[PDB]
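Some notes on the structure that comes next.
By convention in this document, chain letters (A, B, ...) are assigned in the order of the sequence lines, proteins followed by strands, and residues within each chain are numbered from 1. Per the header of the entry, the method used was electron microscopy, 2.9 Å. The basis for the numbers below is simple: all heavy atoms, side chains too, and nothing from hydrogens, waters or symmetry mates. One-based numbering, in listed order, for ligands and for the atoms of each. Displayed portion only: the contact tally does not extend beyond what is shown.
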Amino acid sequence: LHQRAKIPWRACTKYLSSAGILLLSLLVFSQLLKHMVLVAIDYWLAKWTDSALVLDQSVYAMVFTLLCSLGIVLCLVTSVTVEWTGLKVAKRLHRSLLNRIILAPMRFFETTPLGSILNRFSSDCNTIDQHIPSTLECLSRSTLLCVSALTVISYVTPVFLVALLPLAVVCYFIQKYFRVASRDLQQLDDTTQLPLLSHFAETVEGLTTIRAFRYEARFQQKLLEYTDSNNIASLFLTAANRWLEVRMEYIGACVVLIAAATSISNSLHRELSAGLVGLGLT
Amino acid sequence: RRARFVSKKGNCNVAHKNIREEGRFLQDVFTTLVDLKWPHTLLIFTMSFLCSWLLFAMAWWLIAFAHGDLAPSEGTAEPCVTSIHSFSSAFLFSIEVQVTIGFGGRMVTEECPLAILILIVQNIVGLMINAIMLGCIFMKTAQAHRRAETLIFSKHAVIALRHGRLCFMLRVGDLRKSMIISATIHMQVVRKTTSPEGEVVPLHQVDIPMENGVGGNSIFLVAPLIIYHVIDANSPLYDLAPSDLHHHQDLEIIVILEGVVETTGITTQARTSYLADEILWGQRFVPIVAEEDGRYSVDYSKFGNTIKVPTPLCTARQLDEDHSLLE
Amino acid sequence: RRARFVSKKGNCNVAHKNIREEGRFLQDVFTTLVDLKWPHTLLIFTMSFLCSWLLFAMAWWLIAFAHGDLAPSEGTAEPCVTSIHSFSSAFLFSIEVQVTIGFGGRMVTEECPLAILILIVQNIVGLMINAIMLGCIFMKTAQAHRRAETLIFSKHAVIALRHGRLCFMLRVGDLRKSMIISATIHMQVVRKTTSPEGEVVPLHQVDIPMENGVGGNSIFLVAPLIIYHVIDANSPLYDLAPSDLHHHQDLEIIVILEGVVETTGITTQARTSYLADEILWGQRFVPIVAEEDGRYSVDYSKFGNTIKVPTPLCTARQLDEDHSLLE
Amino acid sequence: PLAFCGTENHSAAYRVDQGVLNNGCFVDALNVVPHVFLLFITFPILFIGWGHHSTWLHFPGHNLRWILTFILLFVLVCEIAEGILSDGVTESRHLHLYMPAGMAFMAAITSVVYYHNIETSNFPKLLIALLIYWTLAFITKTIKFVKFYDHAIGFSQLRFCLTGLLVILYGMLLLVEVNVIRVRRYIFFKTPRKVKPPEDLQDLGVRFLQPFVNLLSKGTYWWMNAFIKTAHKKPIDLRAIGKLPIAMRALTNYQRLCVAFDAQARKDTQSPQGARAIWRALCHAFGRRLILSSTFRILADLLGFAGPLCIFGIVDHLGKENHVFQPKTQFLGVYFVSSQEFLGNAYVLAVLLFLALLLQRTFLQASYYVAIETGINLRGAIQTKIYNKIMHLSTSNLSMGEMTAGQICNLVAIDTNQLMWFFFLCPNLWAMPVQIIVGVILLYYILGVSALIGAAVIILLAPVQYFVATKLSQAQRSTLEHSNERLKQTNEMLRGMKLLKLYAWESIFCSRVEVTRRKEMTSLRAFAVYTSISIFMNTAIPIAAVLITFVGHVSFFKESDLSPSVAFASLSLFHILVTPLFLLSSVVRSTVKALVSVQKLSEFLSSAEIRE
Ligand SMILES: COc1ccc(Cl)cc1C(=O)NCCc1ccc(S(=O)(=O)NC(=O)NC2CCCCC2)cc1
Ligand SMILES: Nc1ncnc2c1ncn2[C@@H]1O[C@H](COP(=O)(O)OP(=O)(O)OP(=O)(O)O)[C@@H](O)[C@H]1O
Ligand SMILES: Nc1ncnc2c1ncn2[C@@H]1O[C@H](COP(=O)(O)OP(=O)(O)OP(=O)(O)O)[C@@H](O)[C@H]1O
C-alpha cells in the first residue's frame, strides 16, 4: 500500500538525468522564462489600459508587441526543447536496455518469462518514445500556469493568501485521494479490457466446436460478464474523474469569488487600479 | 371470510361483545389516559389546564365583584387582588397563579381571607393536575409498542425436512442496534378442535415447543435467526399434509415474541400469524448472513426469500410409519 | 479476518444492510431521544427550548408591531404586552412566560385577546415540551447499560476435566455491592452448521445448558463464580478436540448474563464471547475466594488466572468411547 | 442599535395606524414567520435523526423540487443582494430588506435537508411540515406582491420581479408537495400506496450508486466520497467495484438496441443493416440521453460567458471615477433598486459570477458524465450485437479470407471504441458552433471589428490543428510500421538468444536491431516535429490573436479608446474560445472515424450466416 501510493521520484530523476545537464537546464529555463513573459504580457495589458483610463500610447503598443513576439518565440523554443528531450531520452534508454539485455546471463532468460522482457521493448518503450514527452510538457505547462495564476491573483490581492492556504490543503487532499483511486481504476480498466478481446478471438477461431457442443448461450453469457466487468470499470473510472473535476471547479469558483470580492474592496476605497482587478479576475 | 385470530402485523382481530362494564373501563382512568393516541392526549391535557384556569378565573372574578373591586373607586379600600378590572384580568391572573409565572401587576393582597383560601386551593390543585399530566405522559413517553413494530417476522413460514424430520420454520429479525433483553418466543396452533367426548372449542390454542438446545423458549436476537418447531410424534401439526396448506383450511399458527427493551427497561410484545396458505411446503429460508470485510453482514433484502427444496410431500406421521417400514 | 459475532466487551459486531425503513426508526422517536449519548441529548433539549423561545418571541414581536406598541405611541394606547420595545424585549418576555420566571416588567394586559390566546398556547406547549424532555431524561437517568459494564467475564475460558467429564468453564464476577436480582445466564455456540439435507446456516446459535443443581439458568452472583457447561453426549462441543482451539476455527461461544438491578429495578444485559483460540485446554481457574479475618475475601487480581492441569488431550466423544473400552 | 424597519423620523416606520397589512415592514415581518416556523419544527427532527443501510427511494417530483429549490436559492441570493444594495444610502440599517431573505435562504436549505431525510427514511407523513411551510410562505409572499401592486410598484423595480418569482416558486413547490400527496397517498386516503425501492439498489453488490442518489449528489458525485476514501485504505479490486445497475447492462442496452433495430427494419426493407439503419437504430436507442447531455452542454456553454460579462461589468464599475450610487426610486420611505442599477454593482456581479460558475461547471461535468455513460452503454450493446453475429456467421467466409479473426478482433478493439468515443464527443457537434458563434458575437459587441480580426485569427487554429493532426497520425503510422519490424527482430533475437549465446552472435544482431531502431528514430523525429508544431500552435495562436486585436484596435482602426473592462473581457473571451477551437479538429476526426466504423460494422453485420 505504501509503494502503491508513492510517486516514482527515482524513475523521474533517472529519466530527466538521461537528457543531460545542458538540455534539461535549457528546458527549465525556457519554461520558467516563457511563463514569466506571459505574466509580463498580461500585466502590461493592465498597465496599458490604466494609462488609457487616465488619458506615450505608441510606446505602450510597441512594448506590448515586443512582449507578445517574445512569448511566441519562447513557446516555439519550449515545444522544440521538450520534444527534443523526449527523442534523446528515448534513443539513449533503448540503446542501454538493448545492450544490458544482451549482456545478461542465459539463466536470466531461462527463469524470467519472455513476456516480461519483451513487454518493455513493446509497450514501455512506446510509452517513453511517444506519450511521456507530451505528458511531461502538459504537466509542466499546467503546473507553471497554475503557479503563475495564483501568484498574479495573490499579487493584486495579498489577502488572498490567507484564504489560499485552506484551499491549498483541501486541494491537496482531493488530488491525493483521486490519484490513488484513479491509478487503481485505470489499471483495473485495462485488465478488464484484455479477456474480452481474448474471448472474441477464441470464439472466432473455434466457432464450429462451440456450435457443435450447443455452447452458444454459455459463451454469450461469458461475453456478457466480461463486457459488464469492462463497463463497470470504465464507469467507476469516469465517476472518479468527474468527482475530481467537480471538486477542482468548485475550488476555482471559491478562488474567483474571494479574488473578486477582495479586489473590488481594494479597488473601491484602497487605491487599487481597475486593470489589476481585471487581471486577477481573468 | 376466513377470519384470522391475529393479523400479520400483530393486531388481534377479536371482537368483544356484551361486555357488562361496571365502570371498570374508566376506573382505570390513567391507563386510558396513557393509552389515548398522542393528539387525543394533548387535547385532554390542554383542555384540563384550560378548564382549571377558567374555573379559578370565575372564582377570582366572583371574589373581586363581591369585594367591590370591579366598581371603579377613588382609593380608600384595598382590593383582594390588585388590578382586577374585568373577567379578562381574572383569567390572566388565574393563568399567572396556576402556571406560577406571577407577573405581579395583579397580586393577592391581605385584605380578604377568601382570596388567600382560593390561592391555596388553586396552588394545590395546580400542582396536583400538573403532576397527574406529568406522570401520565411519562408513562406514555416510555411506551414500547412502537419498539415492537421494528421487530419483523417473515411473511411466509416454511415446512422443510431438517435432520431427517419435518420442521415448521419462520424467520424473525430486529432492525435496531438496541437489544431486546430476555427475548422469549411462544408459538401456538390456533384451531377449532373437537374433543373425543364431543367438546367443540372454536379458538383452541395449543402451545407448540420452539426447538432449542436447552429445551426452553429463549432466543438471542441480534441477526435474523430462523425460529423452527420440530414436528414430532406429539405435535398438533403431526398430520399436516401438503394438501392442507390452502386458504380455507382451519389452521393458524401465531408466534409471540416477548422481552424487555434495553433502553427503557419495559417489557414489549411483538406477534404475527401464519394461515395455512401462508405456510409454504418444500421450501426453506435462504442464508441471510455473510462475512464481509471483517464483519458479519446481514442483507435484509433477502429476509423472506425461500428456495424450493425437494422434501417428501407427505405428512410427518406418514414419514414415521414409512421410515419404520424402511428400517 | 475472523469476524466475531459479539466482542469481548459485549458489543455486537453485526452489520445490518438493505433495511427498508418505513419511518419506523423515527416513529419510535422517544427511544431515539433516550438513546442519544448525553451531549447529543443535552444539545437536542437546549435546541428545542431555544427554538420554542424564538418562535414565541417572533409571535410576541409580531403582535406588538401589529398593535402599534413598537412605534412611539401618543400615550393613550395600552399595549398588548407592556414594555415591548424591540425583538429583544419579545425574546426576554417569551423566556419569562415559558420558563415562568415572570419578572413583570413586560406583562400581558387585557387589551388584545390575541395576546391572551398566544399566552395560553405558549404555556400549554411549554408545559408539554418540558414534560417531554423531563420524561425522556428520566428514562435516560434510569438506563442500566453502564451497570452492565461493571459485570466482568474472564478473558479466557477453559476446558477441564471435572468429575470425570469435560466441562467448558468461564468465570463471571460483579464489582459492585449492588445485587443483580434474578441473575440468569444463557450460553450459545455460534457456528456455521450444515444440515444433513444440505441446509447451510452461517450464524447458527445453539443454546448450551449451563450446569446447575436445579437444571435451569439462574445464578446468585455475589463473589465471582465459575460458570461451566458440561460436555455430555448431546452437546455442540462433543467433538471438540484440543487441536480445534486455534484462531481460524469456526467456533464462538457467547455468554449472556441478564437480570434486573437492585437499585433501579430495570433489567440489564451483559455479554461476552470466546473464540476457539480464547478457549484454553488443560487449564482451570485458580481459587479466587479466601477467608481472611472473619470475612470471605475476593482477590480480583487473580480473576482470570488459570493453572495448567493434566487433562486428557482428546475430545469428550473419544473419552466416552475409550471409557467404555476401559469399563 | 439594530432596528427591523430602521430608525427614521423617530421610528415612524413602526407606525401601523394607516393599516397593518399595508405597512411595508409588517408584511416584510410576516414573511419572516414561515421561515422561523420551519426552522422551529424541522431542526429537532433533523438533529434527533443526526444523533445501517437504508436503500432509500425517491418521492415523485424529486428532480423537479431539487431544480425548484436551486432556482429558489438563486432568487433568494438575488433578494439578499438587492436588499443590501438598496439601503446603502440611509444612515440607519433597514434589516427588513435582506434579513427576511436571509432567513428564507436558511429555511430553503433546511427544507432540502429535511426533505432528504424524510425521503431516505420513507416517512412521508413528515411532509406535512413542508406542506404547511410552502402554504405559509406562498401566502405571505402573495400578500407582499399584492401590496406592492397596490402601492404602484411596477416591473421597473427589481424587488417586485424577485418577489413575483418567489410567489411563483413557492406555488410550484406547494404543487410538488400536493403531487407527492396525490401519487403516494400518505394522508387523507384509507390505504397508502406502498412503494418499494428499486431492485438494483437493494442488491448488495451494486456500488455504482449514481442513478439512485439525489440530484445534487448526481451533479456533485457525492456518493464517490465513501468509495474513494475506502480506496485510500485498501486497493480497488473487482469486488470493491460492484455490479452494474440494470439500467446500464449489456443485456439491457443490447435488448434496447434490438428493439430499435426491429423498428427500423420494419420501415425500410431494402437494406435493414446498412449504415443509415444502424445510425437510426443508435439514435432511437440513445437519443434522449444524448440530447440530455447536449442540453447540459449548451446550458454550460451559455453560462460560461457570464465570466467575461461579469468581468466587463465589474471592471466597468471600478473604472468609473467618483461613482455616487443613489437609487432614484423610493416608495413608502423605502428605497427600491432598479434592475439596470442592480446589475451595475461590482459585488453582486461577483456573487452572480460565483453562482453562475458553480452552476455552469456542474452542468459541464453532468454533460460529460451523461455522454460517457451512453458511450459505455453503446459499447456494451454493440459488443453484444457483434458477438451475436459471430454465433451465426458461416465459417465459409472465414475460409475465403474476406474476414479473419483479427478483423473481428479490431472491429471490437478500435471500431466499437471509435464509435464509443464519438458518442463521447457527440454533444460537441453543436455545442462548439453555438459557443464559438456566441463568443464571436460577444467579442464584436464588447470590443468591435478588431475583435473580429482577432477571432478570425484564433479560429484559424482549428484548420491548422486538423492539418497537423493528419500529418502527426501518418508520421506515427510510419513509426508503427518500423516499430512492428523492430519488435519482430527483437522477438526473434530473444527467442533464439540461447543459440546466439552459443555462437557469440549478439552484436551482429544488435547491429540489425539498432539499424531498424535508427530508421524508426528517423520516422519518430518527424513525429516529434509535428507534435512540437501542434503544441506551439496551440500555445501561441491566442497570443498572436490578443496581440493583433489590441494593437489593431489602438493603432489601425483607431476606434473607441481601450479600457480595462473591454480588454480583459475580450481576453477572457479568447481564453474561453481557445479550448473548443482546439478540440474541434479532434471532434471532426472522431466523426469521420465514426462514419467509417459504422460502415465497417454494417458490412460485418450484413454478411453470410448459417441456416436454421
Ligand atoms: C475534457 O473534455 C472536453 C474538454 C473540452 C471540450 Cl470543448 C470538450 C470536451 C469533451 O468533449 N469531453 C466529453 C467527453 C469526455 C471524454 C473523456 C473524459 S475524461 O474524463 O478525460 N476521461 C474519461 O472519463 N475516460 C473514461 C474512462 C473509461 C474509458 C473512456 C471513458 C471526459 C469527457
Ligand atoms: N358479559 C360480561 N361482561 C363482563 N364481565 C362479565 C360478563 N359476564 C360475566 N362477567 C364476569 O365474570 C365473573 C363472574 O363469572 P360468570 O361468567 O359466572 O358470571 P356471573 O356469575 O353471571 O356474574 P356475577 O358474579 O357478576 O353475578 C365476574 O368477574 C363478572 O364481572
Ligand atoms: N429489507 C427489509 N428491511 C426491513 N424490513 C424488511 C425487509 N424485508 C422485509 N422486511 C419486513 O419483513 C416483513 C415481511 O416479510 P418478508 O421478508 O417476506 O417481506 P415482503 O413480503 O417482501 O414484505 P412486505 O410485506 O412489506 O411486502 C415485514 O414486516 C417487512 O417490514
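- As for ligand 1, the drug there is glibenclamide.
- Most-contacted chain for glibenclamide (ligand 1) in this structure, per the PDB entry: ATP-binding cassette sub-family C member 8 isoform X2.
- Other chains with one or more heavy atoms under 4.0 Å from any atom of glibenclamide (ligand 1): A, D.
- By chain and number, the binding site of glibenclamide (ligand 1) at a non-hydrogen cut-off of 4.0 Å is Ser234(A), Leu237(A), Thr238(A), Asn241(A), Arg242(A), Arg297(D), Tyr368(D), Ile372(D), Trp421(D), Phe424(D), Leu425(D), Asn428(D), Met432(D), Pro580(D), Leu583(D).
- The deposited entry places no covalent bond of glibenclamide (ligand 1) on a chain.
- Entry annotation: the source organism of chain D is Mesocricetus auratus.
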